[PDB]
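Obinutuzumab complexed to B-lymphocyte antigen CD20, as determined in this entry.
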Amino acid sequence: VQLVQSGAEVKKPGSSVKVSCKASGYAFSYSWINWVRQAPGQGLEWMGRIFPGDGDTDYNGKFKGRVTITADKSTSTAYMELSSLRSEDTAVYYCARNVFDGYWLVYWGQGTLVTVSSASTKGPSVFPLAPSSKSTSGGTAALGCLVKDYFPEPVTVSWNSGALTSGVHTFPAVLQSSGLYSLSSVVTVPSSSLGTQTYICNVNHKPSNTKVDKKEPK
Amino acid sequence: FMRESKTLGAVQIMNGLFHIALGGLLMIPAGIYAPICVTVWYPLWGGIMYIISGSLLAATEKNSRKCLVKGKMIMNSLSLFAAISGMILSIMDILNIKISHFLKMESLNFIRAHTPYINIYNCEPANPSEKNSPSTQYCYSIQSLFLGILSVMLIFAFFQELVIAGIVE
Amino acid sequence: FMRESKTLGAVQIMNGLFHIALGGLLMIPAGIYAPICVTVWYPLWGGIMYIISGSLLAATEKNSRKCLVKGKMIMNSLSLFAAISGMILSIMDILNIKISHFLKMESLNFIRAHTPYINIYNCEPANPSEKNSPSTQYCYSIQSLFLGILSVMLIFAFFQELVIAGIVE
Amino acid sequence: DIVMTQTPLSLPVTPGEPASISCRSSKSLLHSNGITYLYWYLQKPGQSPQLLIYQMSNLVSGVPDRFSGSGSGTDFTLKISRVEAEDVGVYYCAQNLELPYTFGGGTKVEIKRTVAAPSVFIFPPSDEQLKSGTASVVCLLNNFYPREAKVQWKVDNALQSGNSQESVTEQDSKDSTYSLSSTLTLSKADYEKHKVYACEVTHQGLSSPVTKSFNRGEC
């Protein structure tokens, strides 16, 4: 049994998305289909359900019937449409097959994160976190790269083209008021090598295909 | 009519066989709360009593001294009592299957130990997710099945009571 | 024998009524693939053919001018054809219900519109862990119940064909 | 709608001895059939939720037997016979007696470890950003336990509220330590209007608050 969901899409408020929760290995017409989302800072909330066989539906009622649910029997594919998008609709949407007789929802898809924002493509700004003269406390020293003003998710950061993996911390980005995301990645390293050997952060922003390398005591 | 009393014994015998058949069809152990028309084992002894009281009219049909007509009247009274009993039983069991049951009417061990887990009188799943579930398409089928069995049994009970009432003179 | 052939038409009439009753009981929408005993709509026209070949036997019991005996032959032969057809259909349907059904027999729409999903031949879930489910106690029970109904219908069909072959001499 | 409430929202647990998490319903779930319908879900980090406990009294195939659940009908307890370092995630209770279905708010279960004193670091703003007209100042907090910590910014000894954002990272693979990020972006003008930038850290493992500061321009 496999459940393969559609890829992630970033849109703008007022648009719509169509997610395909395609599954194989069982009788699609003999199972219910439900859509469930998971928003940040909230638990899990049921938004609705569809019965593909004859079109039977159930609604929670809190969301006043605005969602449209359809079924495509020719490919055993279900579709979820979300119109009039609001900021509070940012969530990962999962499809799930109901298994009758107690085992309600054993198999779940991997989910699709949909982020609603009135933003545009923008390349990341990478800044150095230079050690200071008084940053000679001894023992270890922290250094890093600041990956600032990027959108959308995700970004990856490596050190010395991947040679440095132990002691890496990449700070998750949660939100920001301007609408652009920024994060820092830091690594603890021996302080004694700071005077003759330098480090470079490798930033990759796949949506824009932009790479930048920005080069210490000061 | 009395003139054709010969051809009401074949009828009574076939009716007894049909009661035997419906009893055999009811003995199937489907659930713990079994119908009331089975756990009382009515159709079996009713059919066998019909078969005796029919076979005895079948091959004599003449004027003998005492046993013949004395048995014939006690058997006809027995048959009318059996008919009104079957009437009352069917009119209670139709309500038992189509309206919420009130009498548990516990059943026998050798048939409970096979299917002791299921309910049939009110098998509606608690979670609304199972509205389009096998257990209710199945329950609607089984309710239709008792409705059909009991309706045929009702029709045949009226036919027997009709021809008895037409031959009691 | 002929000595009491005047009381066989009642047997024919009742047997036709039993065929009608069993057909009506098979009409119930139980599953997606109805048995061949009901998809061909045999029992209806079978019972009507029985009732008609009956209600002519017990008319006068004398030698009519020309209509009664010529039709007693033509109608008798047609009922022979019907009986052997019922034999063939029954020996097909037993295998159908107790071996995996090799032919489809898709049921009709106005009845499947209630329970169009369940199958009556192979109620086996893929994963064997789920085998302790209500839907298979249920399916085994329904299979035993269909086995019983078809067995009693087989019994009564042999009984009717035996009485026919005995009297039509 | 029927509201689901959990207690507590977070619970640091230590290997072996303790296991405690509770759910309750506001309507006393009971269909008069003698069984109370429940489900327990687990969402492991970075992947889809999985079911741990179905109908509150039975386990699924393949899950380790060190799991149990019981209750009376309004107050409920989930018990782990032997808590390990792999059953991390958010546990959700749920009811399916009636539509609409409702879900709990979630409980984040993490590993309890020894107290570790925080290390505090400060990084002055870069010259390029100042030249660009903006200024991001970062106050670093490498490693600490427990997760609860309070960071207050003082600028000329005046606390500034509203212009900062916090971030927190998930547990490391084997270290099981915590990290914290504090972010703050200001204009070059607001930056230059004051001089002393200080981070005062209060923590259970620190005997007294530590302040790290730097003077603009001179190094």
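One letter per chain, A onward, in the order of the sequence lines. Here the PDB entry sets the residue numbers for chain A, with the shown residues being 2-216, 218-220 in order. We're sticking with the PDB entry numbering for chain B, so the shown stretch reads 45-213, in order. Numbering of chain C is taken from the PDB entry, so the residues present carry the numbers 45-213, in order. By the PDB entry numbering, chain D shows 1-219, in order. Heads up, header says this was done by electron microscopy, 4.2 Å.
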Check your understanding: Which ligand numbers or chain letters correspond to obinutuzumab, including copies?
Key -> chains A and D
Which chains, by letter, have non-hydrogen atoms under 4.5 Å from some atom of obinutuzumab? B, C
Hey, could you check which UniProt transmembrane segments of chain B have a heavy atom closer than 4.5 Å to obinutuzumab, counting from the N terminus?
none
Count heavy-atom pairs under 4.5 Å between each chain of obinutuzumab and chain B, and return the chain with the most.
chain A
